[PDB]
Student: 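The following entry includes dihydrotestosterone; I'd like to go through it with you.
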Amino acid sequence: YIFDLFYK
Amino acid sequence: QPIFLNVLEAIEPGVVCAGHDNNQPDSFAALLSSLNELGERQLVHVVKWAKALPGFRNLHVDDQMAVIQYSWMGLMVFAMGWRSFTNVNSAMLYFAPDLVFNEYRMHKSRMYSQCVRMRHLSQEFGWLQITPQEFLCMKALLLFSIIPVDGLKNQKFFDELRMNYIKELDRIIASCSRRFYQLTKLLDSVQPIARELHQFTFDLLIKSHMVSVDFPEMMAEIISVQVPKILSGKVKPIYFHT
Ligand SMILES: C[C@]12CCC(=O)C[C@@H]1CC[C@@H]1[C@@H]2CC[C@]2(C)[C@@H](O)CC[C@@H]12
């Protein structure tokens, strides 16, 4: 997930 | 006065421009591609905003990530409504300085009903004489206003967190608790809109190749993965009022 990599 | 209020004001995001070419003619794809870009830009600011929130690190990571991806439409809509209210006294939708919708743009976006619904919200800020402090607090709470019905990983810290945030909006309020009715009522009214906006974007997504509307990569993920969970009823807002 792009959002998840981003969020972390 | 609260640390709480201090914090919310400290961490409240600045201006976010859409990047819109106001030299080109109003057109579904130009308009909606700019809105989507702004969504994305506004979202990076929502993530950073949320992480600096009191108690927010409390929650499990996946809980943090979930709550954000469920509530982002609501928050953005709420603050867009404030933005409009404070800059153009609700006469137009102030998405960003470079993206203000007049009625013509409302119609060109093919989102008119929804925009009118949003323009109404905006006017409510006026008619109810909402304070900057109530706005911040209400907005805070909107991050904790939509959960999947299977509950979260740490549903308990969440509930704790959500309960305290209510206590704080109550504190900056505290005949009078009629204000509470009103604020909770206004808050409740964001969801219908966000839902209307969720179906809208999701379809837009589905048919985006065939209308040359541009979805940023992360926006398409979220809309295709998390949004349908809402739309299918798997994820539900919490209303104050049945
Ligand atoms: C959240 C945004 C973007 C930021 C904002 O100020 C409110 C606004 C409300 C409508 C959304 C939009 C982002 C792009 C969307 C999701 C479009 O695809 C259709 C509805 C748009």
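Order of sequence lines = order of chain letters (A, B, ...). So for chain A, numbering is the PDB entry's, and the shown residues are 1-8, in order. Chain B is numbered as in the PDB entry, which gives 670-843, 851-918 for the residues shown. All ligand and atom numbering here is 1-based and tracks the order in the structure. Structure method, as recorded: X-ray crystallography, 2.8 Å.
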Student: Tell me which chain touches dihydrotestosterone (ligand 1) most, using the name in UniProt.
Tutor: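 It has the most contacts with Androgen receptor.
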Student: I'm curious which other chains are hanging around dihydrotestosterone (ligand 1) with a heavy atom under 4.0 Å away - can you tell me?
Tutor: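 The other chains in heavy-atom contact are B.
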Student: Which domain of chain B, as defined in UniProt, supplies most of the contacts with dihydrotestosterone (ligand 1)?
Tutor: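 Most residues touching dihydrotestosterone (ligand 1) lie in the UniProt domain NR LBD.
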